[PDB]
Number of protein chains: 4
Amino acid sequence: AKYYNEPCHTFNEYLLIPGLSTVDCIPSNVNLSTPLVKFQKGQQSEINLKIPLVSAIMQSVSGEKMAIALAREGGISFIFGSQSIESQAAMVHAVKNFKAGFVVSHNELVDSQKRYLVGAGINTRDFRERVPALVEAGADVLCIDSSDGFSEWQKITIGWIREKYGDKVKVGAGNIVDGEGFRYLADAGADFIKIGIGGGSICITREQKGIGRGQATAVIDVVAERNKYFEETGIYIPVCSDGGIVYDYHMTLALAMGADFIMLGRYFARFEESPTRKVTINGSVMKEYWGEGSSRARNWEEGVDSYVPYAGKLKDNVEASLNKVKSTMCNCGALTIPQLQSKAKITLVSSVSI
Amino acid sequence: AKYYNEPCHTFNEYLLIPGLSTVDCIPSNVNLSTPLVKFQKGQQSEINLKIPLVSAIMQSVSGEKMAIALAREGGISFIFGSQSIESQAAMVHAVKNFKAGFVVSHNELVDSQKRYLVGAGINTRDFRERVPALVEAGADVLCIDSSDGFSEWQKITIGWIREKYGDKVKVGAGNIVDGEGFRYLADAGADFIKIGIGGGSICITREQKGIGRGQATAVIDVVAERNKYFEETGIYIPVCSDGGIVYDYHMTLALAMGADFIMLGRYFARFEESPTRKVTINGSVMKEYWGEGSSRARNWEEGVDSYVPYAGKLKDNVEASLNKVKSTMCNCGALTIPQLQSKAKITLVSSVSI
Amino acid sequence: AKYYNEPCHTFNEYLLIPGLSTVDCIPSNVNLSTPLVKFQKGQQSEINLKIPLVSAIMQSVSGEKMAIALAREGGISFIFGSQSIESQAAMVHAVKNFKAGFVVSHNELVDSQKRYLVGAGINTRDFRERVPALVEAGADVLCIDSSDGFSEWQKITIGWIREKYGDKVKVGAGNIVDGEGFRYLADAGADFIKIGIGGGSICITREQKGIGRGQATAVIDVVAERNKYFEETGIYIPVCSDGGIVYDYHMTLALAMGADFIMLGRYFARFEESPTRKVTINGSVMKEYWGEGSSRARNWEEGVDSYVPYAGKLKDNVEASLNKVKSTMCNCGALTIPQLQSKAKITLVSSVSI
Amino acid sequence: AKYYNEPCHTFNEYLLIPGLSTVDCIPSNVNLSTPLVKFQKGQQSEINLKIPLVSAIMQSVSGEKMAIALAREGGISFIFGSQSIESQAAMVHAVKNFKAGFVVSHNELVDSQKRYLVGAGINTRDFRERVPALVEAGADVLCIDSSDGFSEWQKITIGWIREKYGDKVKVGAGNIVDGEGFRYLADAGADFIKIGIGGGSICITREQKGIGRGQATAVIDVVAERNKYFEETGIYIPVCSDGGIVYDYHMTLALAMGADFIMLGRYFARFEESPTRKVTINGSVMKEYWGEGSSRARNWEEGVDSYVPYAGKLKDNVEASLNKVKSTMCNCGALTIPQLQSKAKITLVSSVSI
Ligand SMILES: COc1c(C)c2c(c(O)c1C/C=C(\C)CCC(=O)O)C(=O)OC2
Ligand SMILES: COc1c(C)c2c(c(O)c1C/C=C(\C)CCC(=O)O)C(=O)OC2
Ligand SMILES: COc1c(C)c2c(c(O)c1C/C=C(\C)CCC(=O)O)C(=O)OC2
Ligand SMILES: COc1c(C)c2c(c(O)c1C/C=C(\C)CCC(=O)O)C(=O)OC2
Ligand SMILES: O=c1[nH]cnc2c1ncn2[C@@H]1O[C@H](COP(=O)(O)O)[C@@H](O)[C@H]1O
Ligand SMILES: O=c1[nH]cnc2c1ncn2[C@@H]1O[C@H](COP(=O)(O)O)[C@@H](O)[C@H]1O
Ligand SMILES: O=c1[nH]cnc2c1ncn2[C@@H]1O[C@H](COP(=O)(O)O)[C@@H](O)[C@H]1O
Ligand SMILES: O=c1[nH]cnc2c1ncn2[C@@H]1O[C@H](COP(=O)(O)O)[C@@H](O)[C@H]1O
Ligand SMILES: [K+]
Ligand SMILES: [K+]
Ligand SMILES: [K+]
Ligand SMILES: [K+]
C-alpha cells in the first residue's frame, strides 16, 4: 500500500495572511471572471464564467429556475441528470429559450445569441441517448456526475463524445482527489475536472464510504498536478472545487488554492429558486436538501435527507458573499482570481485554536 | 527506554484514495478469498477462507450456532476456550457433524468431507489436555487466546503441539502489536498471528491496562515485519487484525493495510446466532456482550459488560457489509485482497476534520 | 500560492519553563518599563511606558476616564477615532489638562509638564483634518487603526504626517501578522507596529473574515523580522501584541515572545472607568463591549456586541495582574522585559493536555 | 527567547508496547525496590524504598497516620512543612517512636532500629531553625518543597545543610522540569530531585500561573540529563515524578520513563489515613483535598479546594495498584524497575484516539 507524509485537511483549517493592498483595490474593481473549459497556453477559454460559482448537479438544487437566476448573476447551473432524458432536456431548452416572446405551442452569462448559458449532468450509462438530446436542447456544457471519476467508464464516455462531436461539445469529468485521478481524466480529454469526494455537507449526516480526502488537500494536490500538466503539454485544464464550502471565506480559500471555480449544493439549496418545497417548521422557513446518493434521489446504498434555512432570493445572497470574497482578495493584494492564486499566502491553523 | 517517531493511530483516522476503476470491476466479480495459515513462496495456504471475517474467541460470540452460520457464508468461528474442555469439544463436534442425518445416540467453508470448518481457542495452561480433545472433536484450526502473545508460554504451547502433531495441527497465536512480537511468534512456529491490544470495543467502557497501540499502526507495523520475514525466509504468515472494527469501511482499511483476515466480536454479537440472550429494553431489542477479561467471563482484574443493538440474522448483515467492501475495492481498482494490498492508497485524516 | 511549514498557534498553546531565580528577584524589584516609539541603536525611546499595557482604540474602551486611570498606573490609552474629530480632540484635551485648577470657561505616565500622556487613533481617510486637531489638542502619540495595515493607504498617511511634522509627531501603524507586513510599515516610517488580526476576543462571537493568524505565531514571526530589521538598519521598532489576551499569564507570554507592549480591549472594558454602561442582569453586574467592526460602532459588514463581567476599578485589577506577571518573570530569572525576552524558555503544549 | 522542537505531553498520551514475557515473570516475583538518595557508580543507595510511592508534602495528605500506614507498605511520607516547626517535629517524632511500649510522659520500611522511616518537607526560609528540629525529631530524609526549585534559595538551603551536617543529612530539592533545572540542583548537592510543575490534579480546578510543562515530557527530559550527569560524574541522582498520576498505569509509565519513585497527593488523600475530615455528601463518602498554594493552606495567590472519593484503607488500595503495575511490568519483560527502565517500549498515542 501507498501512504502519505501529511494528513489531509479541510477548509476550516486554513486562513489567508494579508499581502500589500494597493489604493486601486476596492471590491468594485475586482474581476471575478474565470475559465470553465480547457484551452492552450496564450489562449482564452471559449467559456468564461463572470463569477466563479456553479450550482451542484442535484435534484434539490439545479432546476430550470436556479439555472436562470444563477446565469443572470454570471454563474452557471448544471441541470441534474438523475431524471429522464426527456425531462432534463426540457429544462435545458426552457433555460436556453427563456427570453423568447411569442412561442409556437450586467453580469448575465449568455451565449452569442444573448441566451443564458446552462450546463447539464450526464452519467456513464445512457450517454449515447442522453447526450444527443442535451446537445439538441442547447446545453452549453456537460459534466459527468460521479462519486469516483477515476474510472474507465468516464474515459469511454468522453471518448464517445469526442468521436461524435470532436471538441465542439464541452464535457467536464470527476470527481477525483489527487494528481493521478486528474491526470487520467486530463489524458481522457475532459474539458474541466471536478475535485472532491466525501467533503460535501451531505456527508455530515451519513457514514463514511471509506474513500475520500480533505477538500483543501485535494484541491492543493490536484492544482499542483494541473500546473505540472500545463507545463508539460501547454494545455490548461480548469478545475472545480466541489463541495465543502461552509462559510463565504471558504470560497476565497478554494480559489486561492488554485480552483478556477466552485460547485456548491447546500449554498444554493437555501434559495427561493431551488426546485424544492419551502416548508415552515415552528416559525422557521426551511428548504429541502438531499444527496444524490440517497434512495430518495436515485429511484427514477447511501442516503441523506435534511433541511436548510431559507435565505431568500439567490441574487442578494450571492452579491453579499462575493462582496466579502472581493474584499478579502483586496486584503491579499489581488484584483483577479489568477492574481490571487499567484499572490495568496495560506497558513494552516492549529486544531487547538479551532 | 525506547520511544517512537510517530504516535499510533486508529482506523477512524484513515481513508482510501481511489485508484483506476476498470470496466471489469463490479462487486460481484470481486474475490474475497484469503489465506488462514502459513505457506511457502509459490504455494497456496492449506486453508483459505471464502470471506476475510472470523468471529472472536469469546463466550458472548462464538458458540455452535455462530460457527455454523459464519461457515455457511465462507468465514470461520473460533469456539471460545473459556469453558470446560468437554464443553468446548462438544461444540466443535456439533459443528463438524451438523450435516449428519441419522445419528447414533455456494460460499460455504467446508473440509474435504463437506463438513463446515471450525476453529477453537486454547490457552497456555491446560493445552496438554485441551488440544488432544479438540483435535479428536475435529477442530480444523486452533488459536492461542491472550492479551499479550509476546510470551514464552506461547512458544512452549506451540512447541508442544509441533512435537506431538508436527505441522498437521494448525495453531494461530497472539496478540501482538509490533514487529518484535510478530517475529517471536513466527520463529516459534505460529501458523497465523493475531494483531491487537486495547483496540477492542470492549475497552470503550473500561480503563487502560497501560499496554497497547493504535490498531491501524499495529497492523501496518506488523505487516511490514511480516513482508520482511517473507523475503528473508520464503515463509508467508497470514496476520489477523483483531478488534477495533467500528464501521464497515474499517474492514476495507484493515485489509488494505495488509491484514489477511479480520477478527470481530461486537459485530457478530449483534446477530441472532450469537449465544447470548436477546433482551428487549424499552422497545429496543439488544443482545448481551462482555469481554473475556470481565469477572463474568473468567470464573469457570478487568471487566466490561454491555449491550449491542440487535441486527437480525448474520447472513443479511455480512452480505451488506461485504458488498460495501467490494464496492470500495473496485473504487481502488482491486478485484482481490492481494491486489488491494498492493494498490491501496491510504491517507491519514486530520483530527480537526474528525 | 505560498504555504507554511507549521500551523499558527494561540497563547493558550504555550507555557514558560523556569530559569534560574536569583535572590535579588522579587516582584517589587521587577521593572516593567518599555519603549513605545522607535529609536536608534544605543538610544532610549523618547516615550517609555511604565507598564506594558495600553487600552484598545475602541468606543467601548478608551474614553477620557480610562485614559486618565491607565496613565495614572503607568500605561497609555489610545482615545478611539470612530467619532467626530471635534469629539475625539475634546477627550484628548480633557486628559492633557486634567490637573488644571482654575480654568477659563508614583508610576504615573506624564510628559515634561507633568500632564498625563494620551494617544489617539486615526484612520487613513480624514487624517489631513483629524491629525492637526489631535496635535493641537495635545495628543502625545497617534496610531492608525485598521484590520489590515499592510496597505498603501497607511504608507500615504504616515508620509503626509512626516511631510508636515517630520519625526516630531509619533504614529504607530497596523495591524499586520507577518514579517512582510512589518517590513512594509517599518520602511513607511511607523514609530511602532501593532500585531494581530482575528485574535481579539470579539471574534469569539462572529464568523471568520478569512484573514488572520494565531496571535502567538504572529508575534514570534514579526519579532524575528523586527530583530532582523534592527540588525540591518540599527533602528529598533517597538511592536505591540494586539488582542488575544485571555488570562494574565498570556501577558507574560506575549512579552517573552518579544512584544514590547500589549493592547487589550476586553480586559479594560470590565472596569468602572470604561465609557460604557454598567448593567445588572440577574444579580450580575456587567459592562457593554462591542467590536469596532460592528454596525453599532461604525455609523457616525462584521458585528459583535456582548457583555463582560464587572471587575471594579482599573487600579486594583492591573496591580494584581502585573504582580503575577512580575512573579512569573522572577521564575524565569528576569528583572526587566528585555531580560525576559532574552532568557525566556517557551514550550508549546499538546492539544491533548488542553 | 528559546523555543522547542516538540510540544510537551502528559501521561495520558502514552502507552507501553509489550516485550518478551518470560515464564519466570509473575507479579509476585517482581521487585519494586528503588533508591531514594544519590550514590556513586557501583554503590547502593543508603535509603531504598520497598515500593516506589511517596505521599505528597501536603497538609491534606501527609500527617502522622499516613506516614505510618505508607511506611508499613514499604513507601515513605514527607510530613508537611506548612505548619509550625514544633508541630511538624512532633509528627516526625510520633512516627519514629510509634513502636514504643511504655513511654515516659513484611514490606515495612524501617531504619536499623526497626523504626518506620519518615521524611519531612522544609522551606527556603526558616530552615536554620526547622532543620535542626526535624533532625532531632529523627527525620530520615528532608525535601525542599517549592513550585520552582530552579532557585538560588534552594542552593543556599542545601549549602547550609551541608556545612552543618555534611552528607549525613539527606535532602531532596525541586521542583524542576528540564535538564537545566536538574543540573543546577544536582551541582547544588541535592540527594534527589523532584520533577513537575503544573501537572498536579489540583491544577484541574485553577488557572495556569504561566509556568510548567507536560509531566511526561518533563520526566523524559530530566531523566536524560540525569543519565548524562551520571556518565560525566559517576553520581546517580534519583529523580521523583511529582504529580499527574491519574490512573494506576500512569505509575508504570512514570517509572518506565526513568523516574525512580513517584510522589502523589490525590491518590493518598482518598484514604482513611489522610489527615482530613471524612465527609458524606448525598450518600457519597468523600475526603477533603486542597493545594498547598490555596489561601486555606498558607496562612499559618493561587487556591484550590475540593473533595475526592473515599477509597478506604491505604493498604488494600496500594496492593491493588501495585499488582497492576507488576503485571504490566511482566508484560514488558521486567522483574525490577531498573530492568523496566532499560527495556520499556513507549509509544505516544494520537489525540484522536483520546
Ligand atoms: C454522483 O454524485 C455524487 C458525487 C458527485 C460525489 C459523492 C457522492 O456520494 C455522490 C452521490 C452518489 C451517487 C449518486 C451514487 C453513484 C456514484 O457513486 O456516482 C461523494 O462522496 O463525493 C462526490
Ligand atoms: C484473552 O482475551 C483478550 C485478548 C485477546 C485481548 C485483550 C484482552 O483484555 C483479553 C481479555 C483478557 C483476559 C481473558 C485475561 C487473560 C489475558 O491477559 O490473556 C486486549 O486488551 O487485547 C487483546
Ligand atoms: C479597526 O479595528 C479593527 C482591528 C484593529 C482589527 C480587526 C478588526 O475587525 C477591526 C474592526 C474593523 C473595522 C472597524 C472595519 C475597518 C477595517 O477593516 O479596518 C481584526 O480582525 O484584527 C485587527
Ligand atoms: C510548594 O508546593 C507546590 C509545588 C511543589 C508545586 C506547585 C505548586 O503550585 C505548589 C504550591 C505553591 C505554594 C505553596 C506557593 C509557594 C511556592 O511557589 O512554592 C506547582 O505548580 O508545581 C509543583
Ligand atoms: O448523497 C451524496 N453523498 C455525498 N456527497 C454528495 C451526495 N450528493 C451530492 N454530493 C456531493 O456534494 C456536493 C455538494 O456539497 P455541499 O455544497 O457541501 O452541499 C455535490 O456537488 C456532490 O459533489
Ligand atoms: O475483556 C476484554 N478487554 C479488552 N479486549 C477484549 C476483551 N475480551 C476480548 N477482547 C478483544 O476484543 C476483540 C473484539 O473487539 P471488537 O470486535 O471491537 O468487539 C477480541 O477478539 C479480543 O481480541
Ligand atoms: O469588530 C471587531 N472584530 C475583530 N477584532 C476587533 C474588532 N474591534 C476591535 N478588534 C480588535 O480586538 C482587539 C481587542 O482584543 P481583546 O483584548 O481580545 O478584546 C482590538 O484592539 C482590535 O485590534
Ligand atoms: O496548590 C497547588 N497548586 C498546584 N500544584 C500543587 C499545589 N499543592 C500541591 N501541588 C503539587 O501537586 C502534587 C500532587 O499532585 P496530585 O497527586 O496529582 O494530586 C504535589 O506533590 C505538588 O507537587
Ligand atoms: K493588505
Ligand atoms: K476509481
Ligand atoms: K526559577
Ligand atoms: K510480553
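Chain labels are A, B, C, ... in exactly the order the sequence lines appear. The PDB entry numbering applies to chain A: residues 2-106, 222-416, 430-483, in that order. Chain B uses the PDB entry numbers throughout; the residues present, in order, are 2-106, 222-416, 430-483. Sequence positions for chain C are given in the PDB entry numbering; the residues included correspond to 2-106, 222-416, 430-483, in order. In chain D, numbers come from the PDB entry; the residues present are 2-106, 222-416, 430-483, in order. Determined by X-ray crystallography, 2.0 Å, according to the entry header. Both counts, for ligands and for their atoms, begin at 1 and track the order of listing. Because only heavy atoms are used, hydrogens play no part in the values below, and waters and symmetry mates are left out as well, while side chains stay in.
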*Asks:* What is the name of the drug located at ligand 2?
*Replies:*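 Answer: mycophenolic acid.
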*Asks:* Which chain accounts for the largest share of heavy-atom contacts with mycophenolic acid (ligand 2), under its name in UniProt?
*Replies:*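 It has the most contacts with Inosine-5'-monophosphate dehydrogenase.
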*Asks:* Could you check which other chains have heavy atoms less than 4.0 Å from mycophenolic acid (ligand 2)?
*Replies:* B
*Asks:* Using a heavy-atom cut-off of 4.0 Å, which residues UniProt lists as binding IMP in chain B are that close to mycophenolic acid (ligand 2)?
*Replies:* B/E408, B/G409, B/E431
*Asks:* By number and element, which atoms of mycophenolic acid (ligand 2) are closer than 4.0 Å to a non-hydrogen atom of B/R414?
*Replies:*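 Contacts of mycophenolic acid (ligand 2) toward B/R414, numbered from 1: 15 (C).
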*Asks:* Enumerate the NAD(+)-binding residues UniProt records for chain B that place a heavy atom under 4.0 Å from mycophenolic acid (ligand 2).
*Replies:* B/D261, B/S262, B/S263, B/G312, B/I313, B/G314
*Asks:* Write out the residue and atom name of the closest protein heavy atom to atom 1 (C) of mycophenolic acid (ligand 2), then the distance separating them to 0.1 Å.
*Replies:* B/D261 OD1, 3.3 Å
*Asks:* Which of the numbered atoms in mycophenolic acid (ligand 2) are under 4.0 angstrom from any heavy atom belonging to B/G314?
*Replies:*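 Selected atoms, number and element: 20 (C), 21 (O), 22 (O).
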*Asks:* For mycophenolic acid (ligand 2), which atoms, with element, lie under 4.0 Å from some heavy atom of B/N291?
*Replies:* 23 (C)
*Asks:* Can you tell which of B/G328, B/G409, B/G359 gets a heavy atom nearest to atom 11 (C) of mycophenolic acid (ligand 2)?
*Replies:* B/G409
*Asks:* Return yes or no for this condition: an N or O of B/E431 is under 3.5 Å from an N or O of mycophenolic acid (ligand 2).
*Replies:* yes
*Asks:* Checking a contact table here: which protein heavy atom is nearest atom 14 (C) of mycophenolic acid (ligand 2), and how many Å away?
*Replies:*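 Here the nearest protein heavy atom works out to B/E408 O, 3.1 Å.
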*Asks:* Quick one: does mycophenolic acid (ligand 2) sit under 4.0 Å from the side chain of B/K325, the backbone, both or neither, non-hydrogen atoms only?
*Replies:* neither
*Asks:* Between B/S263 and mycophenolic acid (ligand 2), is there a nitrogen or oxygen pair with a distance under 3.5 Å?
*Replies:* yes
*Asks:* May I ask whether B/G312 places a heavy atom under 4.0 Å from mycophenolic acid (ligand 2)?
*Replies:*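 The answer is yes: mycophenolic acid (ligand 2) sits under 4.0 Å from a heavy atom of B/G312.
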*Asks:* Which residues of other chains have a non-hydrogen atom closer than 4.0 Å to mycophenolic acid (ligand 2)?
*Replies:* B/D261, B/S262, B/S263, B/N291, B/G312, B/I313, B/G314, B/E408, B/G409, B/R414, B/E431
